[PDB]
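Let me begin by presenting the structure, written as C-alpha coordinates, before commenting on it.
By convention in this document, chain letters (A, B, ...) are assigned in the order of the sequence lines, proteins followed by strands, and residues within each chain are numbered from 1. When reading the values below, keep in mind they use all heavy atoms of this one structure, side chains included, and skip hydrogens, waters and symmetry mates. For ligands, and for the atoms within them, numbers begin at 1 and follow the listed sequence.
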Amino acid sequence: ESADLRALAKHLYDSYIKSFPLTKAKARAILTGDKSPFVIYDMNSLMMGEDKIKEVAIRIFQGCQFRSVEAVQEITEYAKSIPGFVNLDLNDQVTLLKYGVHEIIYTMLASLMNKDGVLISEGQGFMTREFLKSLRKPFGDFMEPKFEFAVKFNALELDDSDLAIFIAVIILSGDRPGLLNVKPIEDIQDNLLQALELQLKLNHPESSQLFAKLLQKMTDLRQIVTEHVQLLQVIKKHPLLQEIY
Amino acid sequence: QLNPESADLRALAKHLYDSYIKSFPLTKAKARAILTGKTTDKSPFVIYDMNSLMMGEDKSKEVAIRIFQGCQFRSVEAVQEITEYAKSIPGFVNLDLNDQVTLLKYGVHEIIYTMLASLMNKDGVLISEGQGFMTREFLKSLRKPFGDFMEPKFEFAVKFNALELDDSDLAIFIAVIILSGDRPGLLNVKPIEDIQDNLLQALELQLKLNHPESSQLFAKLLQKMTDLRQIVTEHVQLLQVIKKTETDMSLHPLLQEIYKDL
Ligand SMILES: O=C1NC(=O)[C@H](Cc2ccc3cc(OCc4ccccc4F)ccc3c2)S1
(Lines of atoms letter the chains of each structure in order from A; the text may use other names.)
(Lines give C-alpha, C1' and ligand atoms only; values in the text may rest on other atoms or scores of the structure.)
Protein backbone atom coordinates (compact mmCIF):
# COMPACT_ATOMS: atom_id res chain seq x y z
CA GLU A 1 0.00 0.00 0.00
CA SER A 2 2.67 2.48 1.09
CA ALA A 3 4.66 2.44 -2.19
CA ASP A 4 2.04 4.51 -4.04
CA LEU A 5 1.65 6.84 -1.01
CA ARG A 6 5.37 7.70 -0.82
CA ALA A 7 5.44 8.19 -4.59
CA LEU A 8 2.47 10.54 -4.32
CA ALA A 9 4.02 12.66 -1.52
CA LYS A 10 7.35 13.04 -3.32
CA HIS A 11 5.71 13.74 -6.68
CA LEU A 12 3.52 16.47 -5.16
CA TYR A 13 6.48 18.06 -3.34
CA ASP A 14 8.54 18.11 -6.56
CA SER A 15 5.60 19.67 -8.46
CA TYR A 16 4.94 22.14 -5.64
CA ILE A 17 8.56 23.39 -5.80
CA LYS A 18 8.38 23.67 -9.59
CA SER A 19 5.05 25.58 -9.56
CA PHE A 20 5.48 27.96 -6.60
CA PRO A 21 8.61 30.20 -6.76
CA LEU A 22 8.50 31.36 -3.11
CA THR A 23 8.33 28.28 -0.87
CA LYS A 24 7.66 28.36 2.89
CA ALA A 25 11.29 27.28 3.53
CA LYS A 26 12.52 30.36 1.62
CA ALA A 27 9.89 32.58 3.27
CA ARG A 28 10.74 31.57 6.87
CA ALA A 29 14.44 32.13 6.17
CA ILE A 30 13.68 35.66 4.89
CA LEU A 31 11.38 36.41 7.86
CA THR A 32 14.06 35.30 10.36
CA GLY A 33 17.64 35.15 9.02
CA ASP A 34 21.31 36.93 3.83
CA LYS A 35 19.54 39.78 1.96
CA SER A 36 16.66 41.47 3.82
CA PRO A 37 13.33 42.73 2.41
CA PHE A 38 12.32 46.38 2.02
CA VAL A 39 9.82 47.09 4.81
CA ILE A 40 6.57 49.00 4.14
CA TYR A 41 5.21 50.29 7.47
CA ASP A 42 4.06 53.77 6.50
CA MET A 43 2.58 55.91 3.72
CA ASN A 44 6.08 57.33 3.11
CA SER A 45 7.67 53.88 3.19
CA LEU A 46 5.15 52.59 0.62
CA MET A 47 6.09 55.47 -1.72
CA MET A 48 9.81 54.57 -1.67
CA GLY A 49 8.94 50.87 -1.97
CA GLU A 50 7.37 51.49 -5.39
CA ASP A 51 10.45 53.36 -6.68
CA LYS A 52 12.61 50.46 -5.42
CA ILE A 53 10.68 47.20 -5.98
CA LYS A 54 -6.04 56.61 -7.68
CA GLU A 55 -4.99 56.43 -4.01
CA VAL A 56 -2.90 54.25 -1.67
CA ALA A 57 -5.55 51.76 -0.43
CA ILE A 58 -6.90 51.12 -3.94
CA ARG A 59 -3.44 50.60 -5.45
CA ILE A 60 -2.49 48.08 -2.73
CA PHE A 61 -5.74 46.21 -3.42
CA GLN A 62 -4.99 46.28 -7.15
CA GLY A 63 -1.49 44.99 -6.35
CA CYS A 64 -3.08 42.13 -4.39
CA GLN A 65 -5.38 41.31 -7.31
CA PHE A 66 -2.43 41.18 -9.75
CA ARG A 67 -0.62 38.71 -7.49
CA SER A 68 -3.78 36.65 -6.99
CA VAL A 69 -4.18 36.31 -10.76
CA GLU A 70 -0.57 35.07 -10.95
CA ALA A 71 -1.23 32.62 -8.08
CA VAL A 72 -4.34 31.23 -9.79
CA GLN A 73 -2.12 30.20 -12.71
CA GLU A 74 0.51 28.69 -10.40
CA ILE A 75 -2.18 26.70 -8.59
CA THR A 76 -3.76 25.55 -11.87
CA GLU A 77 -0.40 24.27 -13.14
CA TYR A 78 0.06 22.50 -9.82
CA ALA A 79 -3.45 20.96 -9.97
CA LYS A 80 -2.71 19.45 -13.39
CA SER A 81 0.26 17.59 -11.79
CA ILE A 82 -2.03 15.84 -9.26
CA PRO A 83 -2.49 12.23 -10.40
CA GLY A 84 -6.01 11.73 -11.79
CA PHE A 85 -6.96 15.43 -11.96
CA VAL A 86 -6.63 15.90 -15.72
CA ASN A 87 -8.73 12.78 -16.33
CA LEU A 88 -11.70 14.30 -14.52
CA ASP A 89 -14.61 15.82 -16.46
CA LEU A 90 -13.33 19.16 -17.81
CA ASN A 91 -16.21 21.17 -16.29
CA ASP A 92 -15.37 19.53 -12.98
CA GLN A 93 -11.69 20.56 -13.26
CA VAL A 94 -12.86 24.14 -13.85
CA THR A 95 -15.30 23.95 -10.89
CA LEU A 96 -12.69 22.54 -8.48
CA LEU A 97 -10.26 25.31 -9.39
CA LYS A 98 -12.93 28.05 -9.30
CA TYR A 99 -14.01 27.16 -5.75
CA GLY A 100 -10.58 26.02 -4.55
CA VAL A 101 -8.15 28.83 -5.36
CA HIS A 102 -9.28 31.23 -2.62
CA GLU A 103 -8.80 28.53 0.03
CA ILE A 104 -5.40 27.70 -1.45
CA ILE A 105 -4.28 31.34 -1.75
CA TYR A 106 -4.91 32.07 1.97
CA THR A 107 -3.36 28.76 3.01
CA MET A 108 -0.18 29.56 1.07
CA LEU A 109 -0.21 33.23 2.11
CA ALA A 110 0.26 31.95 5.70
CA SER A 111 3.69 30.73 4.56
CA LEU A 112 4.55 34.36 3.79
CA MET A 113 3.15 35.70 7.09
CA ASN A 114 4.11 36.15 10.71
CA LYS A 115 2.04 37.92 13.41
CA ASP A 116 3.56 41.29 12.33
CA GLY A 117 3.28 41.29 8.51
CA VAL A 118 3.43 39.69 5.07
CA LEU A 119 6.14 39.20 2.42
CA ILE A 120 5.39 40.75 -0.99
CA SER A 121 6.80 40.63 -4.54
CA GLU A 122 8.86 37.39 -4.41
CA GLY A 123 10.00 38.18 -0.84
CA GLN A 124 11.70 41.44 -1.90
CA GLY A 125 9.32 43.37 0.37
CA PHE A 126 7.55 43.10 3.73
CA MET A 127 4.31 44.98 4.47
CA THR A 128 3.42 45.33 8.15
CA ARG A 129 0.15 44.14 9.69
CA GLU A 130 -0.49 47.47 11.44
CA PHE A 131 -0.08 49.47 8.20
CA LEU A 132 -2.63 47.21 6.44
CA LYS A 133 -4.94 47.53 9.45
CA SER A 134 -4.65 51.35 9.31
CA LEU A 135 -6.08 51.65 5.77
CA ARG A 136 -9.46 53.39 5.51
CA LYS A 137 -12.58 51.20 5.49
CA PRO A 138 -13.34 48.74 4.00
CA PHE A 139 -9.69 48.09 3.03
CA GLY A 140 -8.43 48.04 6.64
CA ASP A 141 -10.33 44.81 7.39
CA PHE A 142 -9.18 43.10 4.18
CA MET A 143 -6.02 41.41 5.47
CA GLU A 144 -6.64 41.20 9.24
CA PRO A 145 -8.74 38.01 9.13
CA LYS A 146 -6.00 36.41 7.01
CA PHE A 147 -3.40 37.30 9.68
CA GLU A 148 -5.52 35.80 12.47
CA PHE A 149 -5.91 32.58 10.47
CA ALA A 150 -2.19 32.52 9.58
CA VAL A 151 -1.12 32.69 13.25
CA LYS A 152 -3.27 29.64 14.07
CA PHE A 153 -2.25 27.79 10.89
CA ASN A 154 1.49 28.50 11.33
CA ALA A 155 1.39 27.03 14.88
CA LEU A 156 1.12 23.61 13.19
CA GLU A 157 4.68 24.10 11.86
CA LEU A 158 3.98 22.43 8.53
CA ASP A 159 6.73 22.40 5.90
CA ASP A 160 6.52 22.53 2.07
CA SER A 161 6.42 18.71 1.81
CA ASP A 162 3.33 18.60 4.08
CA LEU A 163 1.70 21.60 2.47
CA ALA A 164 2.05 20.18 -1.05
CA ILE A 165 -0.28 17.31 -0.11
CA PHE A 166 -2.69 19.47 1.89
CA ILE A 167 -3.14 21.86 -1.07
CA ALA A 168 -3.93 18.86 -3.27
CA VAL A 169 -6.50 17.70 -0.68
CA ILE A 170 -8.15 21.16 -0.87
CA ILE A 171 -8.37 21.05 -4.69
CA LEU A 172 -9.97 17.61 -4.77
CA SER A 173 -13.01 18.68 -2.67
CA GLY A 174 -16.13 16.76 -3.71
CA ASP A 175 -18.62 19.19 -2.15
CA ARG A 176 -18.04 22.06 -4.61
CA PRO A 177 -21.36 23.24 -6.11
CA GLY A 178 -22.23 22.06 -9.62
CA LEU A 179 -19.87 19.06 -9.81
CA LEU A 180 -21.00 16.48 -12.38
CA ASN A 181 -19.06 13.41 -11.21
CA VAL A 182 -18.15 13.48 -7.51
CA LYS A 183 -17.02 9.84 -7.18
CA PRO A 184 -13.54 10.05 -8.79
CA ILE A 185 -12.93 13.36 -7.02
CA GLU A 186 -13.66 11.73 -3.63
CA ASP A 187 -11.64 8.66 -4.62
CA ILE A 188 -8.58 10.81 -5.42
CA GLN A 189 -9.05 12.87 -2.24
CA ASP A 190 -9.15 9.61 -0.21
CA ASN A 191 -5.74 8.63 -1.65
CA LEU A 192 -4.37 12.17 -1.01
CA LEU A 193 -5.71 12.06 2.56
CA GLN A 194 -3.96 8.72 3.13
CA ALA A 195 -0.75 10.21 1.71
CA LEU A 196 -1.04 13.35 3.87
CA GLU A 197 -1.59 11.26 7.01
CA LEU A 198 1.48 9.07 6.37
CA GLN A 199 3.56 12.15 5.47
CA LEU A 200 2.69 13.89 8.76
CA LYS A 201 3.37 10.67 10.73
CA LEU A 202 6.80 10.25 9.08
CA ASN A 203 7.72 13.96 8.97
CA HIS A 204 6.31 14.87 12.43
CA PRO A 205 6.30 11.66 14.50
CA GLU A 206 6.13 13.60 17.81
CA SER A 207 3.15 15.81 16.80
CA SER A 208 0.15 13.79 17.99
CA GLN A 209 -2.96 14.09 15.80
CA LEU A 210 -1.38 16.76 13.54
CA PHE A 211 -3.40 15.27 10.64
CA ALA A 212 -6.68 15.83 12.53
CA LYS A 213 -5.62 19.34 13.66
CA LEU A 214 -4.78 20.29 10.09
CA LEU A 215 -8.12 19.09 8.66
CA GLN A 216 -9.92 21.10 11.38
CA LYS A 217 -8.29 24.30 10.08
CA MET A 218 -10.54 24.02 6.99
CA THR A 219 -13.41 25.19 9.17
CA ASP A 220 -11.85 28.61 9.90
CA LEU A 221 -10.43 28.72 6.33
CA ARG A 222 -13.81 28.43 4.59
CA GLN A 223 -15.27 30.97 7.02
CA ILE A 224 -12.41 33.35 6.05
CA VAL A 225 -13.12 32.82 2.33
CA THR A 226 -16.88 33.44 2.74
CA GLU A 227 -16.27 36.69 4.67
CA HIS A 228 -13.69 37.74 2.07
CA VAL A 229 -16.05 37.12 -0.86
CA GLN A 230 -18.72 39.26 0.85
CA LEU A 231 -16.15 42.05 1.32
CA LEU A 232 -15.23 41.74 -2.38
CA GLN A 233 -18.92 42.38 -3.20
CA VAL A 234 -18.89 45.48 -0.97
CA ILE A 235 -15.74 46.72 -2.77
CA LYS A 236 -17.54 46.30 -6.13
CA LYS A 237 -19.42 49.30 -4.69
CA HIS A 238 -9.71 50.76 -18.50
CA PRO A 239 -12.43 48.30 -19.69
CA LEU A 240 -9.80 45.71 -20.66
CA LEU A 241 -8.28 45.93 -17.17
CA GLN A 242 -11.58 45.10 -15.41
CA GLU A 243 -11.91 42.19 -17.84
CA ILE A 244 -8.55 40.73 -16.78
CA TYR A 245 -9.83 40.97 -13.17
CA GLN B 1 -4.00 -7.14 19.63
CA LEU B 2 -4.36 -4.12 21.96
CA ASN B 3 -1.84 -2.15 24.03
CA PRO B 4 -2.20 -0.01 27.19
CA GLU B 5 -2.47 3.27 25.26
CA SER B 6 -5.27 2.09 22.95
CA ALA B 7 -6.88 0.31 25.93
CA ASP B 8 -7.22 3.72 27.69
CA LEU B 9 -8.70 5.12 24.46
CA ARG B 10 -11.29 2.30 24.45
CA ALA B 11 -12.30 3.04 28.06
CA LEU B 12 -12.66 6.73 27.13
CA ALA B 13 -14.87 5.77 24.17
CA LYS B 14 -17.04 3.56 26.41
CA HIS B 15 -17.31 6.31 29.06
CA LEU B 16 -18.36 8.91 26.49
CA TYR B 17 -20.96 6.58 24.86
CA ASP B 18 -22.39 5.80 28.30
CA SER B 19 -22.71 9.53 29.16
CA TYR B 20 -24.23 10.24 25.75
CA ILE B 21 -26.95 7.64 26.27
CA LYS B 22 -27.67 9.11 29.71
CA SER B 23 -27.72 12.73 28.44
CA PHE B 24 -29.70 12.44 25.19
CA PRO B 25 -33.21 10.85 25.41
CA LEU B 26 -33.57 10.36 21.63
CA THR B 27 -30.59 8.49 20.18
CA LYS B 28 -29.77 7.86 16.53
CA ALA B 29 -30.57 4.16 17.11
CA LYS B 30 -34.11 5.05 18.26
CA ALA B 31 -34.54 7.67 15.51
CA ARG B 32 -33.58 5.15 12.80
CA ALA B 33 -35.93 2.49 14.27
CA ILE B 34 -38.80 5.01 14.05
CA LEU B 35 -37.87 6.25 10.55
CA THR B 36 -37.27 2.85 8.96
CA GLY B 37 -40.41 1.18 10.32
CA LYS B 38 -38.90 -1.20 12.85
CA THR B 39 -42.38 -0.40 14.12
CA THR B 40 -45.88 -1.33 14.94
CA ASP B 41 -45.41 0.62 18.23
CA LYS B 42 -43.07 3.39 17.06
CA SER B 43 -44.68 4.82 13.92
CA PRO B 44 -44.84 8.64 13.85
CA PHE B 45 -47.81 10.82 12.91
CA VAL B 46 -46.83 12.65 9.72
CA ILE B 47 -47.34 16.41 9.31
CA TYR B 48 -47.20 17.33 5.62
CA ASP B 49 -49.77 20.20 5.41
CA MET B 50 -51.95 22.54 7.49
CA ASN B 51 -54.74 20.01 8.11
CA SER B 52 -52.38 17.21 9.14
CA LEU B 53 -50.62 19.79 11.35
CA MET B 54 -54.05 20.58 12.92
CA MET B 55 -54.87 16.87 13.33
CA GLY B 56 -51.38 16.18 14.75
CA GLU B 57 -51.90 18.48 17.74
CA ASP B 58 -54.28 15.80 19.10
CA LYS B 59 -51.25 13.46 19.35
CA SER B 60 -51.49 29.95 19.83
CA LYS B 61 -49.65 31.94 17.12
CA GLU B 62 -49.55 31.76 13.31
CA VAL B 63 -48.09 28.55 11.84
CA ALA B 64 -44.63 29.67 10.67
CA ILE B 65 -43.86 31.47 13.94
CA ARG B 66 -45.22 28.58 16.04
CA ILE B 67 -43.02 26.11 14.15
CA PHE B 68 -39.99 28.44 14.39
CA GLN B 69 -40.39 28.90 18.14
CA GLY B 70 -40.76 25.12 18.41
CA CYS B 71 -37.26 24.82 16.97
CA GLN B 72 -36.05 27.47 19.45
CA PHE B 73 -37.46 25.74 22.52
CA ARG B 74 -36.19 22.35 21.34
CA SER B 75 -32.82 24.07 20.90
CA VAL B 76 -33.01 25.39 24.46
CA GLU B 77 -33.64 21.81 25.68
CA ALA B 78 -30.72 20.51 23.60
CA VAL B 79 -28.35 23.07 25.12
CA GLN B 80 -29.30 21.65 28.55
CA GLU B 81 -28.65 18.06 27.42
CA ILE B 82 -25.36 19.05 25.75
CA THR B 83 -24.21 20.96 28.85
CA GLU B 84 -24.86 17.85 30.94
CA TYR B 85 -22.91 15.74 28.43
CA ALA B 86 -20.04 18.28 28.40
CA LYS B 87 -19.55 17.96 32.14
CA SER B 88 -18.89 14.21 31.65
CA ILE B 89 -16.01 14.87 29.21
CA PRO B 90 -12.87 14.20 31.27
CA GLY B 91 -11.07 17.45 32.10
CA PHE B 92 -13.92 19.73 30.99
CA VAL B 93 -15.19 20.83 34.41
CA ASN B 94 -11.60 21.40 35.64
CA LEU B 95 -11.05 24.11 33.00
CA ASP B 96 -11.29 27.82 33.72
CA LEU B 97 -15.01 28.55 34.09
CA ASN B 98 -14.83 31.29 31.44
CA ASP B 99 -13.38 28.81 28.95
CA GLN B 100 -16.14 26.33 29.89
CA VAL B 101 -18.67 29.01 28.91
CA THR B 102 -16.85 29.89 25.67
CA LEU B 103 -16.56 26.26 24.55
CA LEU B 104 -20.27 25.72 25.14
CA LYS B 105 -21.13 29.04 23.50
CA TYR B 106 -19.31 28.05 20.29
CA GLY B 107 -19.91 24.30 20.45
CA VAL B 108 -23.61 23.84 21.17
CA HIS B 109 -25.11 24.78 17.78
CA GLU B 110 -22.57 22.68 15.89
CA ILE B 111 -23.59 19.75 18.12
CA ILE B 112 -27.33 20.55 17.72
CA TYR B 113 -27.08 20.31 13.89
CA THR B 114 -24.89 17.20 14.05
CA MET B 115 -27.47 15.41 16.21
CA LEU B 116 -30.43 16.86 14.27
CA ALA B 117 -29.08 14.86 11.28
CA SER B 118 -29.89 11.67 13.27
CA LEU B 119 -33.57 12.67 13.25
CA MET B 120 -33.60 13.39 9.50
CA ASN B 121 -33.89 11.65 6.16
CA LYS B 122 -34.22 13.37 2.76
CA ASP B 123 -38.01 13.74 3.17
CA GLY B 124 -38.39 15.18 6.69
CA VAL B 125 -37.53 15.24 10.35
CA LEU B 126 -38.72 13.65 13.58
CA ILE B 127 -40.35 15.93 16.14
CA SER B 128 -41.79 15.59 19.63
CA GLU B 129 -39.40 12.88 20.82
CA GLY B 130 -40.06 10.85 17.65
CA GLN B 131 -43.90 10.91 17.96
CA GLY B 132 -44.24 13.16 14.89
CA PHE B 133 -42.51 13.53 11.51
CA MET B 134 -42.67 16.86 9.67
CA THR B 135 -41.98 16.74 5.93
CA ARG B 136 -39.22 18.71 4.26
CA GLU B 137 -41.67 20.03 1.66
CA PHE B 138 -44.08 21.29 4.34
CA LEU B 139 -41.18 23.14 5.98
CA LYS B 140 -40.12 24.57 2.60
CA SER B 141 -43.72 25.81 2.03
CA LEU B 142 -43.72 28.18 5.02
CA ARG B 143 -44.07 31.86 4.10
CA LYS B 144 -41.12 34.24 3.76
CA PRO B 145 -38.78 34.56 5.60
CA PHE B 146 -39.31 31.05 7.10
CA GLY B 147 -39.54 28.87 3.98
CA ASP B 148 -35.78 28.37 3.72
CA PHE B 149 -34.52 27.98 7.30
CA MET B 150 -34.44 24.14 7.41
CA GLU B 151 -33.04 23.52 3.92
CA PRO B 152 -29.36 23.94 4.84
CA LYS B 153 -29.90 21.49 7.73
CA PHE B 154 -31.45 18.82 5.45
CA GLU B 155 -28.72 19.25 2.79
CA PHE B 156 -26.08 18.75 5.47
CA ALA B 157 -27.93 15.80 7.06
CA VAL B 158 -28.24 13.77 3.84
CA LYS B 159 -24.48 14.12 3.24
CA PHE B 160 -23.67 13.57 6.91
CA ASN B 161 -25.95 10.52 7.17
CA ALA B 162 -24.08 8.84 4.28
CA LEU B 163 -21.11 8.42 6.68
CA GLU B 164 -23.38 5.90 8.48
CA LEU B 165 -22.09 6.83 11.94
CA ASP B 166 -23.66 5.30 15.02
CA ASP B 167 -24.25 6.75 18.49
CA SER B 168 -20.98 5.32 19.82
CA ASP B 169 -19.16 7.27 17.06
CA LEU B 170 -21.20 10.41 17.53
CA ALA B 171 -20.56 10.44 21.26
CA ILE B 172 -16.83 11.01 20.71
CA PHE B 173 -17.24 13.34 17.73
CA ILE B 174 -19.43 15.76 19.69
CA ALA B 175 -16.83 15.80 22.51
CA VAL B 176 -14.21 16.71 19.86
CA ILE B 177 -16.46 19.57 18.72
CA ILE B 178 -16.74 20.99 22.25
CA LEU B 179 -13.03 20.76 23.07
CA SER B 180 -11.77 22.98 20.22
CA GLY B 181 -8.79 25.15 21.02
CA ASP B 182 -9.52 27.55 18.16
CA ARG B 183 -12.71 29.09 19.69
CA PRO B 184 -12.48 32.92 19.85
CA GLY B 185 -11.61 34.41 23.27
CA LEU B 186 -10.23 31.30 24.97
CA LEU B 187 -7.98 32.09 27.94
CA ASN B 188 -5.99 28.85 28.26
CA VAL B 189 -5.71 26.98 24.96
CA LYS B 190 -3.15 24.29 25.89
CA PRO B 191 -5.29 22.34 28.41
CA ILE B 192 -8.15 22.31 25.88
CA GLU B 193 -5.89 21.10 23.04
CA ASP B 194 -4.49 18.35 25.30
CA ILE B 195 -8.00 17.06 26.00
CA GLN B 196 -8.89 17.29 22.28
CA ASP B 197 -5.72 15.36 21.37
CA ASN B 198 -6.95 12.52 23.54
CA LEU B 199 -10.50 12.72 22.17
CA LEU B 200 -9.20 12.71 18.56
CA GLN B 201 -7.09 9.61 19.24
CA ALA B 202 -10.15 7.91 20.75
CA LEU B 203 -12.39 8.90 17.81
CA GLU B 204 -9.83 7.65 15.28
CA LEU B 205 -9.53 4.23 16.97
CA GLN B 206 -13.30 3.96 17.41
CA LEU B 207 -13.90 4.58 13.69
CA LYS B 208 -11.16 2.11 12.72
CA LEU B 209 -12.68 -0.59 14.93
CA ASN B 210 -16.36 0.19 14.22
CA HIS B 211 -15.97 0.87 10.45
CA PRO B 212 -12.90 -1.12 9.34
CA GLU B 213 -13.92 -1.11 5.65
CA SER B 214 -14.63 2.65 5.57
CA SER B 215 -11.50 4.33 4.17
CA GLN B 216 -10.44 7.61 5.79
CA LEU B 217 -13.78 7.95 7.61
CA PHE B 218 -11.98 9.86 10.38
CA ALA B 219 -10.77 12.50 7.88
CA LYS B 220 -14.15 12.71 6.11
CA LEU B 221 -15.91 13.13 9.45
CA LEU B 222 -13.49 15.89 10.50
CA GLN B 223 -14.13 17.59 7.12
CA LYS B 224 -17.84 17.80 8.00
CA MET B 225 -16.97 20.28 10.78
CA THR B 226 -16.61 22.90 8.03
CA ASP B 227 -20.20 22.18 6.95
CA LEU B 228 -21.40 22.60 10.53
CA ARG B 229 -19.74 26.00 10.87
CA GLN B 230 -21.37 27.14 7.63
CA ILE B 231 -24.82 26.03 8.87
CA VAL B 232 -24.33 28.06 12.06
CA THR B 233 -23.09 31.19 10.21
CA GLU B 234 -25.93 31.04 7.66
CA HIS B 235 -28.51 30.55 10.41
CA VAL B 236 -27.28 33.63 12.31
CA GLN B 237 -27.60 35.61 9.07
CA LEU B 238 -31.17 34.31 8.64
CA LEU B 239 -32.11 35.17 12.25
CA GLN B 240 -30.94 38.73 11.72
CA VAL B 241 -33.37 38.92 8.76
CA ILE B 242 -36.28 37.25 10.60
CA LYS B 243 -35.87 39.53 13.61
CA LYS B 244 -36.03 42.70 11.44
CA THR B 245 -39.04 41.59 9.38
CA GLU B 246 -40.88 40.10 12.39
CA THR B 247 -40.53 42.69 15.19
CA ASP B 248 -43.11 40.63 17.15
CA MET B 249 -41.12 37.35 17.20
CA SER B 250 -39.25 36.64 20.41
CA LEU B 251 -35.91 34.90 20.83
CA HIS B 252 -35.19 32.92 24.03
CA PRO B 253 -32.50 34.76 26.07
CA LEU B 254 -30.27 31.63 26.31
CA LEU B 255 -30.06 31.49 22.51
CA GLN B 256 -29.71 35.28 22.27
CA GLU B 257 -26.76 35.17 24.68
CA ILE B 258 -25.19 32.31 22.69
CA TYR B 259 -25.50 34.37 19.46
CA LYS B 260 -24.25 37.61 21.05
CA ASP B 261 -20.91 38.61 19.47
CA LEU B 262 -20.48 35.08 18.08
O1 LIG C 1 -33.14 30.44 15.69
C2 LIG C 1 -32.84 29.37 16.18
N3 LIG C 1 -31.81 29.18 17.00
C4 LIG C 1 -31.62 27.91 17.40
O5 LIG C 1 -30.82 27.55 18.23
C6 LIG C 1 -32.54 26.94 16.72
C7 LIG C 1 -31.73 26.05 15.79
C8 LIG C 1 -32.60 24.90 15.40
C9 LIG C 1 -33.28 24.92 14.19
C10 LIG C 1 -34.10 23.85 13.85
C11 LIG C 1 -34.25 22.78 14.72
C12 LIG C 1 -35.08 21.72 14.38
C13 LIG C 1 -35.23 20.64 15.25
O14 LIG C 1 -36.04 19.57 14.96
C15 LIG C 1 -37.03 19.59 13.93
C16 LIG C 1 -38.22 20.44 14.29
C17 LIG C 1 -38.57 20.66 15.62
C18 LIG C 1 -39.68 21.43 15.93
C19 LIG C 1 -40.45 21.98 14.91
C20 LIG C 1 -40.10 21.77 13.58
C21 LIG C 1 -38.99 20.99 13.27
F22 LIG C 1 -38.67 20.78 11.99
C23 LIG C 1 -34.55 20.63 16.47
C24 LIG C 1 -33.72 21.70 16.81
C25 LIG C 1 -33.58 22.77 15.94
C26 LIG C 1 -32.75 23.83 16.28
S27 LIG C 1 -33.67 27.98 15.85
Quiz item: What is the PDB name of the drug at ligand 1?
Solution: netoglitazone
Quiz item: Looking at this structure, what macromolecule is in contact with netoglitazone (ligand 1) the most, according to UniProt?
Solution: Peroxisome proliferator-activated receptor gamma
Quiz item: By chain letter, which other chains contact netoglitazone (ligand 1) with heavy atoms under 4.0 Å?
Solution: B
Quiz item: Hey, which atoms in netoglitazone (ligand 1) end up nearer than 4.0 Å to a heavy atom of B/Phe68?
Solution: 1 (O)
Exercise. Look up the source organism of chain B in the entry and report it.
Key: Homo sapiens
Quiz item: If you measure from each non-hydrogen atom of B/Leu139 to netoglitazone (ligand 1), which part falls under 4.0 Å: side chain, backbone, both or neither?
Solution: side chain
Quiz item: Relative to netoglitazone (ligand 1), is B/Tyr113 under 4.0 angstrom through side chain, backbone, both or neither, heavy atoms considered?
Solution: side chain
Self-check item: Heavy-atom contacts under 4.0 Å between netoglitazone (ligand 1) and UniProt rosiglitazone-binding residues of chain B
Solution: B/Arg74, B/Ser75, B/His109, B/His235, B/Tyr259
Quiz item: Which covalent bond, if any, links netoglitazone (ligand 1) to the chain, stated as residue and atom?
Solution: none
Quiz item: Against heavy atoms of B/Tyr259, which atoms of netoglitazone (ligand 1) measure under 4.0 Å?
Solution: 2 (C), 3 (N), 4 (C), 5 (O)
Quiz prompt | Within reach of netoglitazone (ligand 1), part of B/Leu116 (heavy-atom separation under 4.0 Å) | solution = side chain
Quiz prompt | Within-cut-off N or O pair, B/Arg74 and netoglitazone (ligand 1), under 3.5 Å | solution = no
Quiz item: Is B/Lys153 close to netoglitazone (ligand 1), meaning an N/O of one under 3.5 Å from an N/O of the other?
Solution: no
Quiz item: Which domain, as defined by UniProt, of chain B contributes most of the residues in contact with netoglitazone (ligand 1)?
Solution: NR LBD
Exercise. Using a strict cut-off of 4.0 Å, indicate which atoms of netoglitazone (ligand 1) neighbour a heavy atom of B/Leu239.
Key: 1 (O), 2 (C)
Self-check item: Where netoglitazone (ligand 1) meets B/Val125 - atom numbers and elements under 4.0 angstrom, heavy-atom basis
Solution: 15 (C), 22 (F)
Quiz item: Under a 4.0 Å heavy-atom limit, does B/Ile258 contact netoglitazone (ligand 1) with its side chain, its backbone, both, or neither?
Solution: neither
Self-check item: Binding-site residues: netoglitazone (ligand 1), 4.0 Å heavy-atom cut-off
Solution: B/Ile67, B/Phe68, B/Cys71, B/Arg74, B/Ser75, B/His109, B/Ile112, B/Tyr113, B/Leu116, B/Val125, B/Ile127, B/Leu139, B/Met150, B/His235, B/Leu239, B/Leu255, B/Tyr259
